[PDB]
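Just so you know, residue 1 is the first one in the sequence shown, and it goes up from there. All values below come from the heavy atoms of this structure, side chains included, with hydrogens, waters and symmetry mates left out. All ligand and atom numbering here is 1-based and tracks the order in the structure.
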Amino acid sequence: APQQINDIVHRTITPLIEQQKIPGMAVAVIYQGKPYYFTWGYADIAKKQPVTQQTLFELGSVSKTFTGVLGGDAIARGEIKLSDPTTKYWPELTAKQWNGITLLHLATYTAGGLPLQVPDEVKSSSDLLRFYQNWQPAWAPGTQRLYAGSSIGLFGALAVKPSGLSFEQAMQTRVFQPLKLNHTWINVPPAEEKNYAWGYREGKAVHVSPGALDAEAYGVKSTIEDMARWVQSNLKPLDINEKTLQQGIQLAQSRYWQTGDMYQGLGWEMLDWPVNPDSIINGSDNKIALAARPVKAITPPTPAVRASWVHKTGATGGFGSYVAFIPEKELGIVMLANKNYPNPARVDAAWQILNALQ
Ligand SMILES: *C(=O)[C@](NC(=O)Cc1cccs1)(OC)[C@@H]1N=C(C(=O)O)C(=C)CS1
């Protein structure tokens, strides 16, 4: 019953905010098809603007879930295949290392060591091309997983090319609108500026900066309500009336690669439920999560497994986000904060809450 929810959430999150000195935070728990919302603190400290259910947070790397699903939808539409070579979409990518790198590799960080970020010196499309052309792999395609915004980013930009739409147009018309995420943005419009929290880094108020392939890797700003709706859409894709979008959501939770007890989806990462909590909490530390690891191909990919812990962490310089959910149990959580605090604290809090509700 809802008292269970309130009790575990309050007991769990109030110490976390105190320990991590989080200025503002929004949490949603999704339980049996219903969301339950909790907010604390300030969206803007200087102006004493409180966090509310309409406050926008930067998702950072959680945006990659949207990118994964938008790709999944382009696959379902027959516009692209994950088996296609990158060069089919960017024929200017002629350097020899691109021979053998597929869209699957890009989408799943397995191209052979594309880096965590696109370098800050890349400001133009010619700078981008030069970057990928000069890039030297460390491993053969499909052999090591190295978590990389420059990999999934490129996938995003390539995956929308056949549509004829920009990445933002594709995401708005094919994902945001059908799911009725009407307070979810890649570019925040004037009507929402008042709701857009500041991030806090070493005490300074900050917003994410423009960057190459930002829309694709870390584009999205959203509210706790819309994120709870994103979680629900991903927990229960069969309720989605748009067929290609339903299928895309399912494709993003297919298991493509395994490393240790983790399975790579498109954006999403997955473990079998029940999980070992120490494995996901410690696994979330950047020392571990950003390290290169050999992967085993799952040939062919396993379709979305209901008994999974499905999750993704995200950060910008000012923001820390986490989404997890367990489809078999109709259970999930969203944690949005306007400080970047360590991932294991997010994941530990989330597990404490969801495990209690299972
Ligand atoms: C995902 O969260 C991450 N970064 C972002 O999404 C957005 C940015 C963070 C800093 C500038 S943009 O991968 C793309 C995280 N980035 C970092 C990083 O600082 O490079 C991490 C240490 C974890 S993954």
- Query: Quick check: what drug is at ligand 1?
  - Reply: cefoxitin (bound form)
- Query: Under the nomenclature of the PDB entry, which macromolecule has the greatest contact count with cefoxitin (bound form, ligand 1)?
  - Reply: Beta-lactamase
- Of all the non-hydrogen atoms in the protein, which one sits nearest to atom 21 (C) of cefoxitin (bound form, ligand 1), and at what distance? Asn286 ND2, 4.1 Å
- Item | Closest active-site residue (UniProt) of chain A to cefoxitin (bound form, ligand 1), heavy-atom, 1 Å | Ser61, 1 Å
- As deposited, to what residue and atom does the covalent bond from cefoxitin (bound form, ligand 1) connect? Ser61 OG
- Message: I need the nearest protein heavy-atom contact for atom 20 (O) of cefoxitin (bound form, ligand 1): residue, atom name and distance, please.
- Response: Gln117 NE2, 2.8 Å
- Message: If we only consider heavy atoms of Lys64, is any one of them less than 4.0 Å away from an atom in cefoxitin (bound form, ligand 1)?
- Response: yes
- Can you list the atoms of cefoxitin (bound form, ligand 1) that are under 4.0 Å from a heavy atom of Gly60? 6 (O)
- How far is atom 8 (C) of cefoxitin (bound form, ligand 1) from its nearest protein heavy atom, and which residue and atom is that? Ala315 O, 3.6 Å
- Item | atom 13 (O) of cefoxitin (bound form, ligand 1) [closest protein heavy-atom partner, distance rounded to 0.1 Å] | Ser61 OG, 2.8 Å
- Non-hydrogen atoms of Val208 versus cefoxitin (bound form, ligand 1): any pair closer than 4.0 Å? no
- Task: Give the source organism of chain A as stated in the entry.
- Result: Escherichia coli
- Message: Can you name the atoms of cefoxitin (bound form, ligand 1), numbered from 1 with element, that are less than 4.0 Å from a heavy atom of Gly314?
- Response: 2 (O)
- Task: Just need the protein heavy atom nearest to atom 24 (S) of cefoxitin (bound form, ligand 1), so name the residue and atom and give the distance.
- Result: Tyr147 CE2, 3.9 Å
- Message: Hi! What's sitting within 4.0 Å of cefoxitin (bound form, ligand 1) if we only look at heavy atoms?
- Response: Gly60, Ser61, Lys64, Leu116, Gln117, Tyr147, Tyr218, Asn286, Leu290, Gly314, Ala315, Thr316
